[PDB]
**Q** 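Structure uploaded - atorvastatin bound to 3-hydroxy-3-methylglutaryl-coenzyme A reductase.
Chains are lettered A, B, ... in the order of the sequence lines. Using the numbering of the PDB entry, the residues shown for chain A are 462-860, in order. Following the PDB entry, chain B residues are numbered 463-469, 481-860, in order. Chain C is numbered as in the PDB entry; the shown residues are, in order, 442-449, 462-861. Just so it is clear, chain D uses the PDB entry numbers, and the residues here are 463-472, 478-860, in order. Order of listing sets the numbers, starting from 1, for every ligand and every atom in it. All values below come from the heavy atoms of this structure, side chains included, with hydrogens, waters and symmetry mates left out.
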Amino acid sequence: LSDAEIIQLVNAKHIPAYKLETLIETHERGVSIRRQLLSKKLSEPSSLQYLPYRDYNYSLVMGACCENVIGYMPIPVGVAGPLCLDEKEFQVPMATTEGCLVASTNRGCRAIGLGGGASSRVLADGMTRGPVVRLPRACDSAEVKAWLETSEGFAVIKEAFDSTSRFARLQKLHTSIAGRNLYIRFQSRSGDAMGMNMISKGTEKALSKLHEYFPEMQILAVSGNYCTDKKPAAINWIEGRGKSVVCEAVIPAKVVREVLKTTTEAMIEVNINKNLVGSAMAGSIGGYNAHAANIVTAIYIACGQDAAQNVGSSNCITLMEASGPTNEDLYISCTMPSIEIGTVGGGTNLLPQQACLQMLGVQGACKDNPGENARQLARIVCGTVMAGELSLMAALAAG
Amino acid sequence: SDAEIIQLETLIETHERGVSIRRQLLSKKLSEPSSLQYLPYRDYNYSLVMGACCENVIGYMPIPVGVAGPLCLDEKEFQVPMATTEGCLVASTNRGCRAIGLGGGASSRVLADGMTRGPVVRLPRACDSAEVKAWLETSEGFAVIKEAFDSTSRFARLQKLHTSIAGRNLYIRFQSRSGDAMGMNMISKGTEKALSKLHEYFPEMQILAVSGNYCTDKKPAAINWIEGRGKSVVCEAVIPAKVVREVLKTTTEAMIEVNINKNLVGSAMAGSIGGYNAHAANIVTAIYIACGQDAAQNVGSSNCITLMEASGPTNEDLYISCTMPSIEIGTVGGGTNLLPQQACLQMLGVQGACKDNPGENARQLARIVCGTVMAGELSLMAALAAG
Amino acid sequence: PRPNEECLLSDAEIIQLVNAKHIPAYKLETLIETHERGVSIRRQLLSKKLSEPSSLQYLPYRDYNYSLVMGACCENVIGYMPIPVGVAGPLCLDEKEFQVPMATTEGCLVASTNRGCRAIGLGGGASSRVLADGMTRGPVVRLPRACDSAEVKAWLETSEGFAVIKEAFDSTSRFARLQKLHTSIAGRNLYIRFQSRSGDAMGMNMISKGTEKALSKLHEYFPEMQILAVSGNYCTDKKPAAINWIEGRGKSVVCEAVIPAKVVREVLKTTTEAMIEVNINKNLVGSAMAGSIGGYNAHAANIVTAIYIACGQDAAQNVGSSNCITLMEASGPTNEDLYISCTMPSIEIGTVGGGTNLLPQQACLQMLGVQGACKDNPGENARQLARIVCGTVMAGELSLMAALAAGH
Amino acid sequence: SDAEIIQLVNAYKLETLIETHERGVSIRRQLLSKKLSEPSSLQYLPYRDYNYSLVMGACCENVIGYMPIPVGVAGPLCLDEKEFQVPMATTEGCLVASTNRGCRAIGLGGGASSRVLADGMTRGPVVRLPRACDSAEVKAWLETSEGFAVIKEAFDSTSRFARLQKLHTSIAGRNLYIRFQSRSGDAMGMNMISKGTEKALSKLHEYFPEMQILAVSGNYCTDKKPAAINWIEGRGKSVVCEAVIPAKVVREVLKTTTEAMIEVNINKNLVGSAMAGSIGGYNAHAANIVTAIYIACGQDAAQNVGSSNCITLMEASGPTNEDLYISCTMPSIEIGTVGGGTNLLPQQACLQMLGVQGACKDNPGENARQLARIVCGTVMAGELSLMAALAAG
Ligand SMILES: CC(C)c1c(C(=O)Nc2ccccc2)c(-c2ccccc2)c(-c2ccc(F)cc2)n1CC[C@@H](O)C[C@@H](O)CC(=O)O
Ligand SMILES: CC(C)c1c(C(=O)Nc2ccccc2)c(-c2ccccc2)c(-c2ccc(F)cc2)n1CC[C@@H](O)C[C@@H](O)CC(=O)O
Ligand SMILES: CC(C)c1c(C(=O)Nc2ccccc2)c(-c2ccccc2)c(-c2ccc(F)cc2)n1CC[C@@H](O)C[C@@H](O)CC(=O)O
Ligand SMILES: CC(C)c1c(C(=O)Nc2ccccc2)c(-c2ccccc2)c(-c2ccc(F)cc2)n1CC[C@@H](O)C[C@@H](O)CC(=O)O
Ligand SMILES: Nc1ncnc2c1ncn2[C@@H]1O[C@H](COP(=O)(O)OP(=O)(O)O)[C@@H](O)[C@H]1O
Ligand SMILES: Nc1ncnc2c1ncn2[C@@H]1O[C@H](COP(=O)(O)OP(=O)(O)O)[C@@H](O)[C@H]1O
Ligand SMILES: Nc1ncnc2c1ncn2[C@@H]1O[C@H](COP(=O)(O)OP(=O)(O)O)[C@@H](O)[C@H]1O
Ligand SMILES: Nc1ncnc2c1ncn2[C@@H]1O[C@H](COP(=O)(O)OP(=O)(O)O)[C@@H](O)[C@H]1O
Ligand SMILES: Nc1ncnc2c1ncn2[C@@H]1O[C@H](COP(=O)(O)OP(=O)(O)O)[C@@H](O)[C@H]1O
């Protein structure tokens, strides 16, 4: 059949769009038909002219990453580096449309390299899901909380949770009561995957098992916002979520002077009064930094991460202090307790994003040490954030 | 030739060639030099990017764009572009749009409009910073600061000042309209000239940083939640019991119970400031990427309180509202200057400046975002309530 | 113990009437001769109901002025609770000297605060400024639709809309002068934060009366508006809230002082460098790691609470009144002197009304020279008290911080 | 004579220098009177006939008298099948009356039930290592079962009630914040937990000599300052209480309806507190009740800052959904029945009134737990009454 004939068929059969994929056979043609169909529903039918769609691998997207596809959005990818981190050198891909961001981050990388590099450590690793359940009375929910805190109750819960996956290993439970409601924060490792779907599956089976001991328990929602996913929350800041990371470096006074165009003293004064006092006056929870979100977002988009997780992933406290023999060298550290990231699944299944992951040497699963690729990616993110903090802070300090 | 050049858009001719060479140079520094093969770069207009949106360019990252709609908002119909890699997001949001359309559509209102910049300055003593604060709060002091701020642009118009003291430090939050631009650069230029003028009245004042994190830009902050930043928007709709039953697969009562206990109580137990919603960030992020917005601003732009109530003659219909006090957005400048993103903006009829009434396109885009968020909230909440 | 019909005197007989006619114990001072035997009977009625009838033995009740407490400060009175009052000072503030009364049961608190005052005095004193003054009340109202509540918000934001509201608000008292309106929307709900001066009074009752009259006026223009609650927690009163921290509530105050290196060494037993490092890592970084909003200090609450109890303030207001950011930095020719400042944006306080009407608390207020209304300049006594509180807090911060810096 | 003693001084060593306590106070008062802009201002500040024996060198210094706070009683509070007569020290008119009305509605509803969910006072010191890599190593060390046991042994060796439970650590570059949590019998426990923290830190220092103990309290406890950590992880006693008020009682005692109360609770205590940017303040006036009971019972009133954290929830229940279900959850009630101001006779009297004075001989900590339950129950009574008044107008 012809395009116009498919169009007539879809319009004359009230067959909702998007079903084009199962209707036709080729992937790009279904996309071309949906764009044509959509075009007649717009005040400017030619508005899709510059929205590219051709020569793109839609097989990996369909049934996995997006629906009602009408094309793709190209985000410029720049590179910042080398980032000298833990005695290795990384060339960091950054997808952004903000001018000077890559340049500024690159300058930061330069100052770190000339300073002998940066060191980083993964402090914790565990994705979470925090469902909300209800009991008839608060006295009952209290009983469930006490039961879940015994070694016997936990083991049975861990047992049912762990049985849904090879990588699902329940670490701990933080429960919280609000009258007859009970919020249960399940935390578990997830190999190299960010882990949402995996932890969710585990949580559902665990809640099913919990319901066998407490038949009167009502499962209100698999997510009761106690995770907390994609919303700002003190719980992620205080207890961590995903990967908690810290990185540090010392920048020689000469480098601060020549590369950063400022002094260690001026940098410290700006850090304390902007990142600590300013954030405090603004009523911030977890936003004790200059622009971690810029770096997190740019790397996330380039590497197939869930960019909406930039909300909590960007949590960061940037600290600066005088170091060295004469207290003229700049010590800097960035602590990020909740980097939600992965190197397998979701958008990391797509080839262009796998390319950016390969650039860093962390694409896909780490066979001999599950989770190591994801941990390495989190360290790179924390290191690039520190590079970004150094540069922007120097620019603010200099004027 | 592609060889002894190693021995770029500033030197060479073609833009696409400079990228090829940059990719070649970078290739030699990679553990897996072949990785760059699946990273696209050809047939892309780098002219608009170079010197404006990105540096050290090695290609571009394609983000699948799906469409959700029609979104029946304020008696208009919108086809919403969403750039995402999260499966079922577009489908779920589309389902939400469906429920709203069958309910007679959604209504929205822009409550406030004003981008901010909050520099930190210091005086010798707290007694001096207090004097500067008092002067900034007089009608004459504001008038002179406003005269100086507004002289930097045709679109920059200072609306108000909120000053806060921390001993000898003084944080000044400048809030101004910025036409159809998100306004960061414009407001920053205005802030610098205003601070310069302030310095003439108080020579002992030290300008510590043009941004003292009191804006607050790209970090979570109660100040953006309470006072707004960019566009403050509210939207609402009533979904008929039958639609909740047939499209959403649940009941009004179940939806309400989930909203209260998840979006209100749950977020409260989590210690959230501004995160009284299910997944506004998913919608904000997807639209932001497709429309050339600054995706990092998703941090504060996603602030939202979702409310659900029993409505109608028999209290069986679902009333829903989403209030978003800090949508940082624009239809001119930055990534909106690129053609593919302009295409998504054109889809919504808000591309570029609204020559007649500067700001209307940006205000319309903020209303669409708030409306799409409500569609997304409706669908995901129904799915959680139904199990 | 005469029968009931005969009883028109005698404790045992009153008790029999109370039990038999089931007339409540609070109706006692309204039926009994003196205030004192009225509570006596009450304690006796209560004592019978306890698992240990002797419990009240050491709870004082005699020789106390209940006339001022009745129908004003407390109900079902069974006595009074004595809180030890100590004095810290002199506090050299704004070229004046204050002897600060502190009611507390925490050992070493007055001593430590006194040491702080000493370091300040030897440093040339402290300076303070009142940055803002205005008590608030934040009611919640509802409109049928969010589009309507948005309309009310815009109306309240026009110059004419504000004038009619202000006119209504101000007609309730000579001191009620509406300053501004902060309005916030949540769907069809509308939260309105009314802010106004209140002379020397803390102002809750006054601002509330003004808010009710203003809401009725608003109701005339928007008849479909439902007044859900005179307080929708948007004030915010007695609960932690970022809004009080960011916009202030009551009196916003800042105080500062410079402590000479020698004084930090000899009086505080530490160095300026050590103090600064503890302040930054405890009051800034530590509070940040703890997820604090407004708690960037060491123990402002100890000082605020002690002064509030001694001066008849509402001690429950210690929740927001204690908000404070303490900052320390190197000062002087050789950067060896300690610069310190305390910023408190929401001190809820008053020198007239409530517990300040009682004699013992008026005594503590008199000690500071701020008791009652300031005839010549309304509000000045309350402002002076707020400055004293901020200054005493700084004295307390200096001493405790030095003790943390020095020992361990 | 007072006159000659005064000329001698021309100091705050009065109690030691002389003999009788009351006279010491008398003399300090006379000396202070000459420094005041108004010499007779102390006239109505009482000071006579007071057992300063227990106060001198334990509860207050430079004593010049005492401040009388009116004590009222609210009750009976029907809680967990028991009846309590609750002492409330306040100067706020109608507070006791309103709280009493709340108690009445609860009693007529069949009483309230409560549960202690957690119990453990905390202290959060801040230490520093040369590098973030070192602090990370200490964090990992503290997380192993062996490293924990060693710290726990040193902590528990300091006192009879020092049982170190979970250990929460947090890193900020080279800084390390360690939240020590432990039971403390019937004592509020700050002094005890502090003593335990110091020995534990010395033991930790033996394994990590490069570690600098910056401050025994790094504000990570967190004591007397608002903090999300206390709300989320609890501090002291975490308690929950609940009750169901029959429609008729809501109508006759509270002068309103269940529907009206629910609408006010949701829009004020949840939405309003959310719009205000509150962390832990999802209630109407828990602080009023916490403060009044704390003052009357010798607690540390400054701890009302975190002790008043509370989320009040209301729901329609019953056959026709006209009855009122109510719950109050308070995760951080810092309280005790031994030590500090509870050592004073008048406050012990108020504690006795509740049957929780001093140590619980048979079951250590039970008196303090009982007092926390009473506080949470009285808060719920206060929430019910004020909410009804706001609902009614
Ligand atoms: C490119 C970017 C990092 C940048 C620079 C810079 O580093 N230029 C650069 C280019 C090449 C090499 C090295 C550096 C300067 C920048 C800052 C000072 C001086 C010069 C450039 C700014 C910027 C930040 C706040 C302003 F008000 C104005 C501009 N910005 C914008 C950052 C913005 O997104 C987030 C910010 O708003 C968060 C905050 O601080 O609250
Ligand atoms: C696609 C997406 C919106 C979705 C659905 C859904 O609506 N499916 C859909 C598809 C087609 C038509 C209609 C609906 C369900 C979803 C939820 C319940 C039942 C079925 C699907 C979920 C999801 C959310 C939380 C979970 F624990 C597990 C899955 N998710 C993932 C949401 C995630 O990003 C953010 C979330 O974590 C934030 C939160 O709530 O804390
Ligand atoms: C008396 C009090 C202020 C004090 C001192 C002191 O200054 N002693 C004093 C006596 C005489 C003269 C001069 C000084 C020391 C104190 C501190 C260090 C060294 C000596 C005394 C402490 C104290 C604070 C935290 C601890 F872990 C232990 C004790 N405390 C208890 C304060 C407490 O309530 C609030 C606190 O918990 C808030 C915080 O910091 O988190
Ligand atoms: C006595 C007190 C509990 C009270 C009542 C009341 O219950 N009266 C009472 C007396 C006897 C029997 C039964 C009831 C009413 C009250 C409320 C409504 C109607 C009647 C009385 C109020 C009060 C609270 C906020 C206002 F704006 C005005 C008044 N207040 C003052 C409470 C105040 O401290 C804390 C409050 O500000 C916190 C908040 O809600 O934000
Ligand atoms: N309607 C409009 N609204 C805003 N800016 C406009 C408009 N029309 C043209 N402009 C131009 O675009 C600029 C804003 O874009 P840009 O310089 O990239 O800064 P920003 O970071 O604020 O977006 C304005 O300074 C002005 O020169
Ligand atoms: N019991 C106390 N009452 C009041 N102030 C005290 C008390 N103990 C100490 N101080 C305060 O602490 C400071 C330290 O004095 P002191 O304890 O005698 O030690 P030092 O001799 O080392 O100065 C004094 O300036 C005083 O203000
Ligand atoms: N200088 C003053 N400042 C404040 N109130 C004053 C003053 N002089 C007299 N008053 C009166 O005292 C009262 C303040 O006390 P009160 O009614 O208990 O309310 P609040 O809760 O504000 O203390 C008001 O009625 C007011 O008329
Ligand atoms: N002075 C008071 N002391 C104690 N409780 C009081 C007082 N006034 C009112 N109440 C409470 O209010 C309830 C009844 O209120 P209401 O019907 O207004 O009558 P009244 O105020 O005359 O007691 C009583 O059961 C009691 O709990
Ligand atoms: N049941 C008990 N609970 C608590 N402390 C007890 C008990 N029995 C005896 N004690 C003693 O009381 C001490 C606690 O009082 P105190 O030192 O004043 O500190 P705090 O007031 O900070 O709790 C314990 O160290 C112990 O010696």
**Q** State which chains or ligands correspond to atorvastatin.
**A** ligands 1, 2, 3 and 4
**Q** Could you give me the letters of the other chains with a heavy atom under 4.0 Å from atorvastatin (ligand 1)? Thanks!
**A** A, B
**Q** Using a 4.0 Å heavy-atom cut-off, say whether B:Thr664 meets atorvastatin (ligand 1) through its side chain, its backbone, both or neither.
**A** neither
**Q** Looking only at protein heavy atoms, which one is nearest to atom 31 (C) of atorvastatin (ligand 1), and how far off is it?
**A** A:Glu559 OE2, 3.7 Å
**Q** Please confirm whether A:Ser565 comes within less than 3.5 Å of atorvastatin (ligand 1) when only nitrogen or oxygen atoms on both sides are compared.
**A** yes
**Q** Hey, which organism does the entry list as the source of chain A?
**A** Homo sapiens
**Q** Quick one: does atorvastatin (ligand 1) sit under 4.0 Å from the side chain of A:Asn755, the backbone, both or neither, non-hydrogen atoms only?
**A** side chain
**Q** Which residue supplies the protein heavy atom nearest to atom 15 (C) of atorvastatin (ligand 1), what is that atom called, and how far is it?
**A** A:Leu853 CD1, 3.6 Å
**Q** How far is atom 3 (C) of atorvastatin (ligand 1) from its nearest protein heavy atom, and which residue and atom is that?
**A** A:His752 CE1, 3.6 Å
**Q** Test your reading of the structure: does B:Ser661 have an N or O sitting under 3.5 Å from an N or O of atorvastatin (ligand 1)?
**A** no
**Q** I need the atoms of atorvastatin (ligand 1) closer than 4.0 Å to a non-hydrogen atom of B:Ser684, numbered in the order shown.
**A** 39 (C), 40 (O), 41 (O)
**Q** Nearest to atom 27 (F) of atorvastatin (ligand 1), what protein heavy atom do you find, and at what distance?
**A** B:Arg590 NE, 2.9 Å
**Q** Which residue supplies the protein heavy atom nearest to atom 38 (C) of atorvastatin (ligand 1), what is that atom called, and how far is it?
**A** A:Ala751 O, 3.3 Å
**Q** Would you say atom 10 (C) of atorvastatin (ligand 1) touches the protein, meaning some protein heavy atom is under 4.0 Å from it?
**A** yes
**Q** If you have a sec, work out which protein heavy atom is nearest atom 35 (C) of atorvastatin (ligand 1) and how many Å separate them, to one decimal?
**A** B:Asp690 OD2, 3.4 Å
**Q** Closest by any non-hydrogen atom to atom 17 (C) of atorvastatin (ligand 1): pick that one out of A:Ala856, A:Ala564, A:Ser852.
**A** A:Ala856
**Q** Going by distance only, is there an N or O of A:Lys735 that falls short of 3.5 Å from an N or O of atorvastatin (ligand 1)?
**A** yes
**Q** Could you help me out with the residues around atorvastatin (ligand 1)? Anything with a heavy atom closer than 4.0 Å counts.
**A** A:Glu559, A:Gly560, A:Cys561, A:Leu562, A:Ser565, A:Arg568, A:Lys735, A:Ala751, A:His752, A:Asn755, A:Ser852, A:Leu853, A:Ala856, A:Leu857, B:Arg590, B:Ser661, B:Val683, B:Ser684, B:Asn686, B:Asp690, B:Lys691, B:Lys692
